Amino acid sequence: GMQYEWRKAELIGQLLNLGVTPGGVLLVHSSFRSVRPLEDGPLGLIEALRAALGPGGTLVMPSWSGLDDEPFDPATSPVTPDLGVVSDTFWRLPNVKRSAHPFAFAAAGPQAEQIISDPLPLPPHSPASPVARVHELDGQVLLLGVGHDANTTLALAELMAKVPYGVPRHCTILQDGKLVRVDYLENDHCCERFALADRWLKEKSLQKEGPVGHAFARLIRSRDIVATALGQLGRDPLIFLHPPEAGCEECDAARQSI
Ligand SMILES: CN[C@@H]1[C@@H](O[C@H]2O[C@H](CO)[C@@H](N)[C@H](O)[C@H]2O)O[C@H]2C[C@@H](N)[C@@H](O[C@H]3[C@H](O)[C@@H](O)[C@H](N)C[C@@H]3N)O[C@@H]2[C@@H]1O
Ligand SMILES: [Zn+2]
């Protein structure tokens, strides 16, 4: 309609009033469809995110390609479309370091290469993943117009709880001039039941909520996400799986994989 185009200074306040603190590590997942309109477009969001964190802060965003038969290059490989414009734009700006593997992240800040310097992580969200370095650095996770279905650290908690299901997934890189398929076993599914973490985090007062632009925003500490999901996965490791009653083809495949 005739909606308010948020300026940079107000976005900073919105970020500060949400819990974003300067000097920290902030991993954000965004759906710009819910943020818009902004006065400066998707760049205006990125500019505010780094303006609130300050120079001593480090902004981290997903930056993987999502393609399994195409090799990855941090200089050209576009972000998968499901990650949004903000993700696809952030890694192209000056001084934004990027991982050199298909499941790459993008980071900018004094701790950037502390986060993205690992080689190909198998599984994609293992320890020694960018998402695990955010955990190790006590970073924050900012859900930006997206639910916990996009919360990547939730998958890190799965492997940290030694979850039984492992489904065969693959990617490809360039080894000495030629392709090669790299087969691994990932712990993915529909990820719909990741929304269960909303009640888990909220009941423990671990999740900050509020507006960032027009989007609904969820801010949770990375270590608080892992810890919360650990205790819940320690109660039932299959709690993120759809029951066979629901007839979810994705989860039923993970279930059959012990
Ligand atoms: C094509 N690569 C992948 C595909 O694997 C494929 O495997 C077979 C061959 O390889 C194909 N025949 C089959 O069509 C397809 O299933 O499975 C899906 C599973 C879905 N949860 C999501 O994963 C998530 C990732 O697992 C997660 O690491 C990341 N955060 C983002 C994605 N949402 O996107 C991937 C991606 O689309
Ligand atoms: Zn499912």
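Counting from 1, the numbers follow the sequence of the chain as shown. In each ligand, atom 1 is the first atom listed, and ligand 1 is the first ligand listed.
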- Chain with most contacts to ligand 1 (name per the PDB entry): Aminoglycoside N(3)-acetyltransferase, AAC(3)-IVa
- Which drug is recorded at ligand 1? apramycin
- Message: Quick one: what's in the binding site of apramycin at 4.0 Å, using heavy-atom distances?
- Response: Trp64, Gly66, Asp68, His125, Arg169, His170, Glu186, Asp188, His189, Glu250
